[PDB]
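Structure containing dolutegravir.
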Amino acid sequence: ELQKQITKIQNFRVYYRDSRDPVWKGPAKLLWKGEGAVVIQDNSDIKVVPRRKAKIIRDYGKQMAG
Amino acid sequence: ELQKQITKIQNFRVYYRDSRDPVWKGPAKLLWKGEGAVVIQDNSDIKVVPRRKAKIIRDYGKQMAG
Amino acid sequence: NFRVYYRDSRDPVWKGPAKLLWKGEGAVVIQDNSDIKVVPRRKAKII
Amino acid sequence: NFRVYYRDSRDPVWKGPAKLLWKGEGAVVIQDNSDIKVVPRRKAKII
Amino acid sequence: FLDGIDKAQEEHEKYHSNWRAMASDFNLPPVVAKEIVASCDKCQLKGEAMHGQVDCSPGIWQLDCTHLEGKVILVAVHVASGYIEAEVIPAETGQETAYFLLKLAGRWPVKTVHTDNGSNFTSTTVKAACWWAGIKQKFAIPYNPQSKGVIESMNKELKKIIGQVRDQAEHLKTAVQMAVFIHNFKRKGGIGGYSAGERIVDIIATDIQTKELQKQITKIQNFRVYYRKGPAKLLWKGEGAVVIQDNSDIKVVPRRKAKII
Amino acid sequence: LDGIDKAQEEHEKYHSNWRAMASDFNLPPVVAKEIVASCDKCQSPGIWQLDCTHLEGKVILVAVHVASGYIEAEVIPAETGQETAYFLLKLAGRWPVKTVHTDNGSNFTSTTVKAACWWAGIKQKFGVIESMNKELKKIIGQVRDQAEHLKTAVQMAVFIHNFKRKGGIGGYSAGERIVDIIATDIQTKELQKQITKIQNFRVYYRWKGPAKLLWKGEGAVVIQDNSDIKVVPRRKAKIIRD
Amino acid sequence: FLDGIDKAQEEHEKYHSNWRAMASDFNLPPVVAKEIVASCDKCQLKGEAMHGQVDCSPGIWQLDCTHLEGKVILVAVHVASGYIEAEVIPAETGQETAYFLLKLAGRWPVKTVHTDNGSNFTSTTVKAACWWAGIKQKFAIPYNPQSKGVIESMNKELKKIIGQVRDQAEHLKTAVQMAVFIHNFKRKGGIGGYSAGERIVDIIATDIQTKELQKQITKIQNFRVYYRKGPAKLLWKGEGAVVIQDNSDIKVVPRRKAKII
Amino acid sequence: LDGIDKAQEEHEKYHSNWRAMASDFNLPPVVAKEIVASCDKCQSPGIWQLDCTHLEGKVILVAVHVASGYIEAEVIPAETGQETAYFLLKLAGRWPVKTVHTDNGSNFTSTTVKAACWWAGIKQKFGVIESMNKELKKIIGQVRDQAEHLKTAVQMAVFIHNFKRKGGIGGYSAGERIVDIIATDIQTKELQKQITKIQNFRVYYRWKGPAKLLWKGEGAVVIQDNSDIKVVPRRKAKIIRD
DNA sequence: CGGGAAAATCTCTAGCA
DNA sequence: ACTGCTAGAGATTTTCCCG
DNA sequence: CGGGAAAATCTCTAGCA
DNA sequence: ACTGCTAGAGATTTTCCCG
Ligand SMILES: C[C@@H]1CCO[C@H]2Cn3cc(C(=O)NCc4ccc(F)cc4F)c(=O)c(O)c3C(=O)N12
Ligand SMILES: C[C@@H]1CCO[C@H]2Cn3cc(C(=O)NCc4ccc(F)cc4F)c(=O)c(O)c3C(=O)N12
Ligand SMILES: [Mg+2]
Ligand SMILES: [Mg+2]
Ligand SMILES: [Zn+2]
Ligand SMILES: [Zn+2]
């Protein structure tokens, strides 16, 4: 039930930037999605990112590749 | 005699750049000066620099300041 | 308060001081002689 | 040998392939249809 | 330093010396010289050295007009994926822009457009079209192309591809559509090693899927969390940390000093 | 990994497809694909349809994605091959168009359209289109009063049909349906690419006979031998290219 | 991949796909796709991403002309220190440039000038003046201001200071000389925290002193060094390493495997 | 550090200047300066001279650095205050001009020249110049045949005098001499700045009475007490600002 | 556990006009 | 109250692959 | 040996047109 | 065979200073 859905959320990957940093950070794992913020987990570190600064995708190549 | 002169050479400081590096490296100590090359000692490391890539100065502030 | 000096619009001469109204990431809203302007933070100095 | 493609002088269109004559730090001397040109390495690709 | 400061302000009225020169020549501390400079309006001539970041939300499109071979090309880019939409139009007129934007809204979920302040983009016809389609118009700071650097860089890319394939077509409209096709489906790279078409499909499908799944999770997972406060809403828990939303302020706290009810 | 036998039993019982086993039993899509392809008893995103409709003395070129009902339509100045080719080249530049069904009209059999399809890599082939045309005409008549020119009302109708009208099983619009279908096609293409990339290897384990490779994991290697899937540690097997 | 390569070259003639797209769509290895791209002349449209470094020798000056308030300003910068020399001149004429350069040669040890290819700088009068003064002319690659970016940045600095102090003068020549003074003696920073005047005096005095001391050392210290070779000349020894000059090739070798005679 | 007594003995014997002790005994310039200033029995780069010379009906404005013989000259259109002020402002922008000696001429006492000197921070004061003018005229006559216009021959003569003619003790040209003199002045100014910066401190050592600070070294502190210089470790003394 | 090769990542530029 | 970016070319670092 | 403050260093941009 | 740079504004890291 709920655990399945949470796993499907965590299956998505987020690319994001910081306020003063112009290079896009690697594919962090999605934990929560909101109207203006997303909660991720990048290298055992949980951050809250503005929705305007994050690109959320399920990279199909990787999915199909285990 | 010779040692005095060598000490006076080593009293000068050289600013230099590398072929692919655009930031000027710190004041290395001058060891030898030639028509097209200078031999320096930057952080216990001896390099040979083209004369066109090096700025040699005796920083008077520092001299007068021990 | 703050003083803002800015380059506004295709005019190389810097203008100011102006009053800072809002400071965002990348842009500031200012007030200069009862005129409200939005300037990128590249083109502004805030004191 | 090498192939050189270059942007020469105020002309946005890239030209080549040319023969590489000399490769320095920052510039290359090339030969293109019996014409010797000196191009900055920013404006050239050497294959 | 009372004498020194006066001799430094008097010199600055003449030379506008930088802080280092007056600090050296009047024995001033760096803070005092910097204060002297900062109080001179004639020396406030440089902005701070950074750049902003454009909005990258899945619904924003950046639109612009570019010129090639004497013709006008209207170009739109979906910011989040790099997917472009271009079309040759007879003139930079609000009617042409309105028709183009109505097309784009009819083809993709366009929530917001970000353009410069050209006449065609600020026309009342375009404002009426965006209102009918429910599109929010954001206008850039005037004469700041960096505000829509995405569509500017896309203009550069489109013109390069048009130069590459101009021979294969007879008219500019055909070559523009060919370049659009090439950019959308024949050039890979970016976050997912995708083409722009693949990336836009991934982005939009992900948004739909994540919205639905999050809606279901929030409907099922309903708890209140007390930490340190009020009944904060529970967003995510696990791995020794809890993510909560208190008074529309999302914060992350460790599992300790928190209880879920 | 450990759920391969469970997946085999599930397929033998319910004939589930590889998507289901991959989502449920936590298997890589290649292994589930091989499981679903190992049983003989268990054995669209690119097709568009083009038609021309006349309304108030103007010609409207309509393209319908067959698998979803999503439409792309516009008013063209004349029923000519050049305009058809321009429309088709635009459509191929916006969507992955593989093949277009047409009605053997004059503008579709033109040499310009054939050349455009050749450049775009589209295959030309000569009931849904009629119903979609009627629906488009109904929406155009509904929203004509909101637009002075017919092309603007046509685009407004396209927008309404693609994103406002909803229907079907889950109540999604045509835009969401086409996005889902294209995403599924992209996943299918990625899986096919991975299968093609890995099918050129042969694996020797424990040495036993050559075995087809399925998944080169971080902690194990999944192989197939004698129509059976076996998991072996990486250090106990060698992989070569043939 | 024989079939795949053919289907990738045939596609590339149509779309000019980047290497990633063809590698993905034809199962090609990255090297094969990169080779396919590299053999297409239509896709060779970008130079390598670096910058050169200008000559910074103590004797080189970079000269340029700039324009302010309808007048022409001839500017020279000593590259190694940032010290400038500017003067308003009636027109960009080889006579004015020749007079200016003769002045500069008469005031400072000018060994080489590096300018762009403007008409005044390539004039026969300027070539005759440089020959009389023993100045080597280096001309930039045409239409590459980066070759003399030092004097270009100095033009920017000079114009900024002129804008700062324009009110204090009535004519542009007076304000230009005032800005020259301000830049040379009233703005500190750089390698030694110096002004440009102090830095140029330090640079030239250092060159004279180092030349004399090195001459004396080479006259006194005369030895031949054998390493690994021929009788290499001894340049510097100590700290476990020896610096030698063999066949006009300066190399550094450790004290081991070397003997001084 | 250890050579302070040696430096004191050397000064008492030979009355050497602080430059000598600093170069020889390896002492910071402040300590050697205090040593040389501690004995009562042991007790130019900015001065230019301006004159106007007439040659072939044209006026030449000549500036001579007094300490070195280095010249700056140019032909001016007229003997007016504006041209003199322009010349002086240029010279001050090229060299550290502190004071200029003049001959109470009409162009030197003008208000424009006074204003220019005020802006430039130059002091105006009203035999070397005559000899230098004669030498310049001789070189101009020598090289006149190599230049069509008199201003070009004037600049050629300036170049020859500054960098080609050599003379004196060590056989240096005027350019090398002025460079050496200005470098020595820069060293003097840096030393004066450091002395001014450090003279506002007072040091208590081992606690004894206040002592004037001389050098704040990395491993020791050099102080002066009762007209005597003593070296104390940093950890054994405290430095305060007064 | 050790080098090589391949791949991935990082650094950096022109043009957008 | 809004905001530089992109893609390609070289250089450097990680990772994989067989020992 | 420990924080704070000050200083030094590093990062980054516009204009040179 | 020749070649981006500079100086100022903010942010971050080192160093010095008294405990
Ligand atoms: C008449 C409207 C209204 C107001 O402004 C003008 C002029 N303008 C100028 C550029 C431009 O200068 N691009 C070069 C560039 C420079 C820096 C950067 F980061 C990105 C860049 F693309 C445009 O693109 C553009 O659309 C306009 C335009 O439309 N207008
Ligand atoms: C008629 C001569 C002969 C041939 O070329 C032209 C045109 N030109 C153009 C610039 C210029 O574009 N500066 C802007 C800039 C851009 C980039 C950069 F790195 C540095 C920069 F200063 C000059 O400075 C300049 O002297 C000339 C010139 O003299 N001429
Ligand atoms: Mg634009
Ligand atoms: Mg220039
Ligand atoms: Zn000022
Ligand atoms: Zn190509």
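Each chain gets a letter, A, B and so on, in the order its sequence line appears, and its residues count up from 1. All ligand and atom numbering here is 1-based and tracks the order in the structure. Just so it is clear, the values below take in all heavy atoms, side chains as well, and ignore hydrogens, waters and symmetry mates. Header entry for method reads electron microscopy, 2.7 Å.
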All copies of dolutegravir:
ligands 1 and 2
Which macromolecule here is the main partner of dolutegravir (ligand 1) by heavy-atom contacts, as listed in UniProt?
Gag-Pol polyprotein
Which other chains line dolutegravir (ligand 1) with heavy atoms at under 4.0 Å?
E, I, J
For atom 17 (C) of dolutegravir (ligand 1), closest protein heavy-atom neighbour
E:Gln146 NE2, 3.9 Å
Name of DNA chain J in the entry
DNA (27-MER)
Closest approach of any protein heavy atom to atom 9 (C) of dolutegravir (ligand 1), naming residue and atom
E:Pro145 CG, 4.6 Å
Could you tell me if other ligands or ions lie under 4.0 Å from dolutegravir (ligand 1)?
ligand 3 (magnesium ion)
For atom 29 (O) of dolutegravir (ligand 1), closest protein heavy-atom neighbour
E:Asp116 OD2, 3.1 Å
Quick check: which UniProt domain of chain E holds most residues touching dolutegravir (ligand 1)?
Integrase catalytic
E:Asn117 versus dolutegravir (ligand 1): do any nitrogen or oxygen atoms come within less than 3.5 Å of each other?
no
I need the residues around dolutegravir (ligand 1) for my notes - heavy atoms within 4.0 Å, please.
E:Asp64, E:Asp116, E:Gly118, E:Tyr143, E:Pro145, E:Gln146, E:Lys148, E:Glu152, I:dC16, I:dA17, J:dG4
